[PDB]
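Lab note: Basic phospholipase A2 homolog myotoxin II, acetylsalicylic acid bound.
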2 protein chains.
Amino acid sequence: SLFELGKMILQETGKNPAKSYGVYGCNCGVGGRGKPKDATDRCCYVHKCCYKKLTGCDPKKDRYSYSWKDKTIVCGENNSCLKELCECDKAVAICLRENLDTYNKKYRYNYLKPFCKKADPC
Amino acid sequence: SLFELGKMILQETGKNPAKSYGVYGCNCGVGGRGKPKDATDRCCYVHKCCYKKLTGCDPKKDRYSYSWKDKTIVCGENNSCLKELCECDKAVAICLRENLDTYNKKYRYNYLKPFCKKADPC
Ligand SMILES: CC(=O)Oc1ccccc1C(=O)O
Ligand SMILES: CC(=O)Oc1ccccc1C(=O)O
């Protein structure tokens, strides 16, 4: 669910997850997909494509189990869809941390999200 | 379409539409519906419920016809879905104008939209 996702993002990036990514670029946070603006935004595009494949569960609402083994996020066995959901979230949390060097505060509150150019199909 | 909605909001409110309303509150702009924060947000709640009842046309992309008779927006009935769509947009532009006295800049970039309390059924 968004709660586990937020926790992973807070721990990997050190940033306030909703403030920093909740409306960022054409793909992060609320809304849908669009042509990515930068490397952070591409992380978020890959994540929304990941959610789009999960028909067996609800990515926004469904809880799942995961733990930390030293510095590694480990997704618990769950059921098939919930395990894949956890892997989507783990992957984007790591991606956002690795791309902090090009995070652009100008893109943080993108009130033009509905006018983004059309994204490539997932 | 959102192009015409934008033009209606700019002329009725005098404000930059996407900047001032594109992420405002729990109901305005990108995303879905949520428990409304204030009178401006309730305008947007009514509008999203208005879009939901339309069938047979696309409220974000489909262009409709309208004109100005002095100060009055007049929807030309293209077909019945498109007339209703125009009437949804006219109503919200007038509503936002009448509530400028209560517009709160603090709600303008609501990065917590996904966490809004679930809206009542339309
Ligand atoms: C905007 C936000 O904080 O939510 C999301 C995060 C990841 C994927 C989807 C969403 C959403 O709100 O739709
Ligand atoms: C989000 C924004 O600026 O667009 C909208 C306006 C009214 C209704 C819906 C939308 C949308 O993007 O979904």
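Numbered from 1 within each chain, the chains take letters A, B, ... in sequence-line order. Just so you know, ligand 1 is whichever comes first in the structure, and atom 1 is the first atom listed for that ligand. Excluded from the calculations below are hydrogen atoms, water molecules and symmetry mates; all remaining heavy atoms, backbone and side chain alike, are included. Method reported for this entry: X-ray crystallography, 1.7 Å.
Contact chains for acetylsalicylic acid (ligand 1) (heavy atom under 4.0 Å, other chains only): A, B. Of all atoms in acetylsalicylic acid (ligand 1), listed by their number and element, those nearer than 4.0 Å to a heavy atom of B:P114 are 1 (C), 2 (C), 3 (O), 4 (O), 12 (O). Within acetylsalicylic acid (ligand 1), counting atoms from 1 as listed, the ones closer than 4.0 Å to a heavy atom of A:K48 are 8 (C), 9 (C). Source organism of chain A, per the entry: Bothrops moojeni.
Counting atoms of acetylsalicylic acid (ligand 1) from 1 in the listed order, those under 4.0 Å from a heavy atom of A:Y51 are 8 (C).
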